[PDB]
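Section: structure with sorafenib.
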Amino acid sequence: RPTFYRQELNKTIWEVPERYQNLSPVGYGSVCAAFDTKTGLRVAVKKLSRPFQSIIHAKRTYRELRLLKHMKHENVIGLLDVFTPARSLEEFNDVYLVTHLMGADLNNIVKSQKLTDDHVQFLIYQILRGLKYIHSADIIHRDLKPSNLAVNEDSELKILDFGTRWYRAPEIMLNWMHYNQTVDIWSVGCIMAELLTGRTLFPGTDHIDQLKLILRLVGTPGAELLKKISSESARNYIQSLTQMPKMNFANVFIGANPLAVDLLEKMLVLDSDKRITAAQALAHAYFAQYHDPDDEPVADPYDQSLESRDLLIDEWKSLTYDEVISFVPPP
Ligand SMILES: CNC(=O)c1cc(Oc2ccc(NC(=O)Nc3ccc(Cl)c(C(F)(F)F)c3)cc2)ccn1
Ligand SMILES: CCCCCCCCO[C@@H]1O[C@H](CO)[C@@H](O)[C@H](O)[C@H]1O
């Protein structure tokens, strides 16, 4: 058991192992940057906010900890450490997560500029590779967007969720009851488009403006898609629309690598059943210089029905405690 030191930070007492040096606030929690003497890395230490105040908080704390503990991939956030000052379950009240210090997101690095095609291959390749891994764990991100992408000055990228609707799949904005993993692929298309052009693909002013802009690019639903609409009102409203043909992408993204355009076409199909998967996209000719089928790993999946239970606060609390005590730090 490590030696802890106390320090007032972010309006509370932080209590941390001495490996974590010179805490410096930066930000479900509050965050300090710190220097980890054990590893020599700059890190984010996140003191979780009111983790066991309510059933909802406790449940969310457990889901967060468990998810993070299982994410072990270069292009996805990982847990460097999780600790509590508590010595017993009975004194267990706080949870601190430790990750790499993530000081820049995709926006901080790209800055609204057009990127070179090679540069977009590398960034998009890395998103899809993380996403293959996430999707193999039977997880849907659901809110993938530049701000949820940590990127260092070497353009090395990690998907995370820090916890704008411009990158959201159309079905997510229409509160569709059930989603497939290709909601995230939509988001990737939106991001990819923007990296190539320097402009937000669908900058809607509100909900309806967002869909309008979408349908302008990808067309109104065709007959195949209309047949899959369960809602009689949604069905009958789509039949009220004046048909739009889907724009030819080749002429929306002029001068772009023809392969970038083709991948965009396979990503940004209105029918989510027809969108390319992450694994399929990694094998696309566009990533030829990056693709290695023997280094695009998948996750072992785990039991996410345990997260969706209806339990007592003290039940969630004790389950989160076991997850803290069982943590084994990475290589
Ligand atoms: C300079 N500032 C910082 O360095 C900094 C660091 C922070 O550390 C973080 C701590 C925890 C998380 N939690 C997730 O990311 N949870 C998550 C949920 C669902 C899904 Cl699907 C995923 C997945 F899989 F996509 F990764 C990840 C994110 C960031 C926070 C704020 N600031
Ligand atoms: C008027 C705007 C229409 C938006 C239609 C979005 C179509 C989404 O695609 C749909 O995804 C569903 C949700 O996961 C699947 O169950 C359907 O089979 C699929 O067609």
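Throughout, chain A uses the PDB entry numbering, with the displayed residues spanning 5-31, 35-170, 185-352 in order. These numbers come from the heavy atoms of this one structure, side chains and all, not from hydrogens, waters or symmetry mates. Every number for a ligand or one of its atoms is a count from 1 in the order of the listing.
- One finds sorafenib in this model at ligand 1.
- Most heavy-atom contacts to sorafenib: the chain the PDB entry names Mitogen-activated protein kinase 14.
- The binding site of sorafenib (heavy atoms under 4.0 Å) is made of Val38, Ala51, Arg70, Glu71, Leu74, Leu75, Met78, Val83, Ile84, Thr106, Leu108, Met109, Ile141, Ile146, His148, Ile166, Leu167, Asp168, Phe169.
- In summary, the atoms of sorafenib found under 4.0 Å from a heavy atom of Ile141, numbered by their order in the structure, are 23 (C), 24 (F), 25 (F).
- Counting protein heavy atoms only, atom 9 (C) of sorafenib is closest to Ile84 CD1, 3.9 Å.
- The deposit names the source of chain A as Homo sapiens.
- If you check which protein heavy atom lies closest to atom 22 (C) of sorafenib, you get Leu74 CD2, 3.7 Å.
- Of all atoms in sorafenib, listed by their number and element, those nearer than 4.0 Å to a heavy atom of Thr106 are 8 (O).
- UniProt active site of chain A, nearest residue to sorafenib and heavy-atom distance to 1 Å: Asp168, 3 Å.
- By the 3.5 Å distance cut-off applied to N or O atoms, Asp168 is counted among the residues near sorafenib.
- Protein heavy atom in closest approach to atom 7 (C) of sorafenib: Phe169 CE2, 3.8 Å.
- Taking every heavy atom of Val83 and a limit of under 4.0 angstrom, the matching atoms of sorafenib come to 24 (F), 26 (F).
- Heavy-atom proximity to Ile146, at under 4.0 Å, picks out these atoms of sorafenib: 21 (Cl).
- For atom 1 (C) of sorafenib, the closest non-hydrogen atom of the protein is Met109 O, 3.3 Å.
- The structure places no covalent bond from sorafenib onto a chain.
- Residue counts put most contacts of chain A with sorafenib in the UniProt domain Protein kinase.
- Residue contact check: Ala51 has heavy atoms under 4.0 Å from atoms 3 (C), 4 (O), 5 (C), 6 (C) of sorafenib.
- Of the protein's non-hydrogen atoms, the one nearest atom 13 (N) of sorafenib is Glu71 OE2, 2.6 Å.
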